[PDB]
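Note sheet for the following structure.
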Amino acid sequence: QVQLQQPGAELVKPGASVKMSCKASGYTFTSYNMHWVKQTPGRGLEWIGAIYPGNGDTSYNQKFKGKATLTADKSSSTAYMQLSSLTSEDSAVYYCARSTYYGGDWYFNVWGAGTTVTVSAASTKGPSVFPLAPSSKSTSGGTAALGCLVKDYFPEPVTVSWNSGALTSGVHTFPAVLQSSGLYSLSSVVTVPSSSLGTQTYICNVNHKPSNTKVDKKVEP
Amino acid sequence: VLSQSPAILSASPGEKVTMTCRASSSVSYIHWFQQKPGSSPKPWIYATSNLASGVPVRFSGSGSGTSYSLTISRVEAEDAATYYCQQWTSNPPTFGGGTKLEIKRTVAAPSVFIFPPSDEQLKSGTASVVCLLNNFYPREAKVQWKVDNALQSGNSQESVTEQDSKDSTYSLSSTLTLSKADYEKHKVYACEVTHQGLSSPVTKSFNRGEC
């Protein structure tokens with residue numbers, strides 16, 4: 001299966017530069033072009049440019065001809081996009097994408113998870129992870145609610161899973177709220193059977209890449 | 001360049017819905033993508049009318065020249081997402097603005113839960129109290145924080161989920177944050193919930209320092 005490996009996030013100071021990677025798998029790297037796409041809530045989805053890992057040939061959208069620099073490690077099967085002189089406009093999710101041919105035309109069939117870039121002079125802040133413990137005031141019709149409070153971080157995003165991704169049903173990971181200090185907070189909850197509460201272990205896995213935070217918190221009654 | 005309409009599409013299972021993609025200049029094909037919040041766009045329909053692997057027969061694409069469309073025969077709850085059209089006839093390839101699909105369903109009251117500050121957080125000198133509203137519809141909901149029956153203002157922040165792909169509901173969390181010093185100056189901490197599925201406000205509360 002074709003997979004595109006992409007780092008989570010990068011905090012970048014205004015005026016500096018950033019270089020993000022895209023490790024390809026499941027297909028012959030040099031036999032297909034690699035594309036890069038930018039997404040913002042304002043401008044939506046925008047194609048940036050493409051590199052041919054076959055022999056290092058590139059092509060760019062007009063707008064990103066100064067911003068983007070496309071390279072490809074022919075040996076590592078990893079493609080890189082370098083952005084330079086970052087401004088607030090460069091704050092976005094950046095996707096690397098594979099394309100495929102049909103009916104004479106092309107379309108993006110495989111996408112990476114995306115790299116969330118934040119252009120800010122503000123410092124990174126690792127969150128504190130607090131448990132939201134199941135109680136009697138947390139009990140509904142034979143089910144109990146529990147979770148984790150991912151508190152005070154910068155910048156976005158924080159990803160949360162439960163039991164290393166084995167628990168997805170009934171999971172609500174809320175959009176982060178922006179605090180007056182400029183920091184963000186987030187919470188993730190899940191409802192479980194209250195009857196197996198003494199035999200099941202519920203751990204939230206919190207990831208905050210820009211601060212190298214990788215935390216497992218057990219939430220217990 | 002591409003233009004989609006409507007910006008927001010609202011429907012119930014299993015209504016028949018259609019969404020359009022208009023191009024400035026004529027194109028050979030239009031490709032459709034589906035995206036849900038937090039994840040990457042997924043190829044949905046390619047070369048105007050061909051379904052991607054794992055796409056329900058329910059979906060269909062049509063159009064030619066400069067006008068194209070995506071149609072869902074009998075919409076289902078999991079279809080709640082944003083749909084983008086894409087062109088690659090001339091360089092550069094461009095995307096549409098996207099059509100967002102919302103699902104209609106019956107009224108569902110929220111299940112309410114409240115969480116006191118963890119002992120760990122309290123030791124750091126801060127107390128966050130969390131109120132949870134689970135799986136309700138419609139989206140509109142009001143949470144009021146009352147501390148010893150005194151209505152709070154300015155010390156809480158709330159967030160709502162995207163629409164649930166399985167039951168078309170929404171969830172909300174409200175977080176009340178006080179200093180540790182202020183927190184232990186009061187006893188009763190309550191969030192009062194009003195929603196269309198409730199004939200009267202519902203209160204979840206705890207007494208601080210009581211277990």
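Protein chains get the first letters and strands the later ones, always in sequence-line order, with residue 1 at the start of each. Header entry for method reads X-ray crystallography, 2.5 Å.
PDB records give the name of the drug at chains A and B as rituximab. The PDB entry names chain A Rituximab heavy chain. The deposited model's entry lists chain B under the name Rituximab light chain.
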